[PDB]
J.: 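Got a PDB entry here containing 8-chloroadenosine. Few questions.
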Amino acid sequence: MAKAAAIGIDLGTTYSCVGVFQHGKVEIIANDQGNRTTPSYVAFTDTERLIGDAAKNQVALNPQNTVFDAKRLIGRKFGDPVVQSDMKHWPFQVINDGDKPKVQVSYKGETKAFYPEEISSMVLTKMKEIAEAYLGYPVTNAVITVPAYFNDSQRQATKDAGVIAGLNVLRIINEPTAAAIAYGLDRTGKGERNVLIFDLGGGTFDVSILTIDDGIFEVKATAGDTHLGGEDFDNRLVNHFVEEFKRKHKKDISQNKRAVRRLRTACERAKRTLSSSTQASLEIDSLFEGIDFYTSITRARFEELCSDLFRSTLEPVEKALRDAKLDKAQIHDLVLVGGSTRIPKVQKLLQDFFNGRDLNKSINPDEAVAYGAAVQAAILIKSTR
Ligand SMILES: Nc1ncnc2c1nc(Cl)n2[C@@H]1O[C@H](CO)[C@@H](O)[C@H]1O
């Protein structure tokens, strides 16, 4: 029943996803708001603790007590130059508890501090409760994914997050391995297979090169930009619309925090529309000083605004190929991971770099990692019996 059931969790920097393999198919489980992915946000308020969508929706009104990016802190020391650099950009407080970072917040009127693994365990508890509500019984066995470059301390702290959440962690697997499992790239019989995973998320970009030799996976190279993602494209749309508002009304909205956030969420939505339409419309009632902002943007203008950012994704691909000591023609499969890989210009640039090659993209790229983890979780729980 429950002891023979296992879930696959994609614990992401910005979004998390949960899948289950049953009756020969993977089901990506929708949350109570109908969404197949849940924001990796935890809000601490005057009355409650919010997790996910409800936490992301109140981030504007409560920025000091809304924690996100815990995956950037997990398994790291306070003194780490990565932690020190990132701290300068977060609205929540990060403190030092014996060379270990803790996030300090106000909760139910009291000052409380949390380890990154306690924050990630609250996100994991939510994913577990989403699967339980879908299945009708508690599920405790789980496969949790991590980036391929995570060291032993980061993998251990992720496993500890799973323990705190009440999960029996069957295995911690690399995100590119879960993606290659989703496409069945480990069931191609004999002979070594070279796979490139192109992972463009909300706040991070990762390129991974894997060799699959008779079922066994081997990471040959990892490259990327930890500070490049979908949110940088939204910001380029934001800057354009602020300059367009200035040309039409002779008014600068940039300093008005409410006007910029409403513009930012509308730009995120418009960006997603531009993936399947050649134009998107913004309809913001009373954006600034009672002025409605009713405009449109073509896909051509959006591609111009983000041109330099899209082209920059090809340097880590070249870097990963040189590190792996492989030429383009030696790569058997190209796999797309992350919601931003849906952008037609991103697919066009990657396909042209690989000489007109076909891309593996039939599985929702924001769900491919949870899909593969759910498959691995089923295989692992069966062998356990
Ligand atoms: N259809 C889409 N076209 C463009 N960007 C998309 C799309 N879907 C998502 Cl999600 N994203 C972005 O992916 C990230 C999450 O994986 C977010 O930045 C989201 O906007």
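Numbers in chain A come straight from the PDB entry, and the residues shown are 1-385, in order. Note that ligands are numbered from 1 as they come in the structure, with each ligand's atoms numbered from 1 the same way. Going by what the header records, the deposited coordinates were determined by X-ray crystallography, 2.2 Å.
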J.: Identify the macromolecule bound to 8-chloroadenosine (ligand 1) in this structure with the most contacts, using its name in UniProt.
T.: Heat shock 70 kDa protein 1A
J.: At a 4.0 Å heavy-atom threshold, which residues contact 8-chloroadenosine (ligand 1)?
T.: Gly202, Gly230, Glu268, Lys271, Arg272, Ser275, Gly339, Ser340, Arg342, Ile343, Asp366
J.: For 8-chloroadenosine (ligand 1), which atoms have a heavy atom of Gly202 less than 4.0 angstrom away?
T.: 14 (C), 18 (O)
J.: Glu268 heavy atoms, cut-off 4.0 Å: which 8-chloroadenosine (ligand 1) atoms fall inside?
T.: 19 (C), 20 (O)
J.: Would you mind running through 8-chloroadenosine (ligand 1) and noting each atom that sits below 4.0 Å from a heavy atom of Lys271?
T.: 5 (N), 18 (O), 20 (O)
J.: Using a heavy-atom cut-off of 4.0 Å, name the UniProt ATP-binding residues of chain A that are that close to 8-chloroadenosine (ligand 1).
T.: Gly202, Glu268, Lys271, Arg272, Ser275, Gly339, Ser340, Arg342
J.: Quick check on contacts: which atoms of 8-chloroadenosine (ligand 1) are under 4.0 angstrom from a heavy atom of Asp366?
T.: 10 (Cl)
J.: Would you mind checking whether the entry has 8-chloroadenosine (ligand 1) attached by a covalent bond, and to what residue and atom?
T.: none
J.: Taking only heavy atoms of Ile343 into account, list the atoms of 8-chloroadenosine (ligand 1) that are under 4.0 Å away from them.
T.: 4 (C)
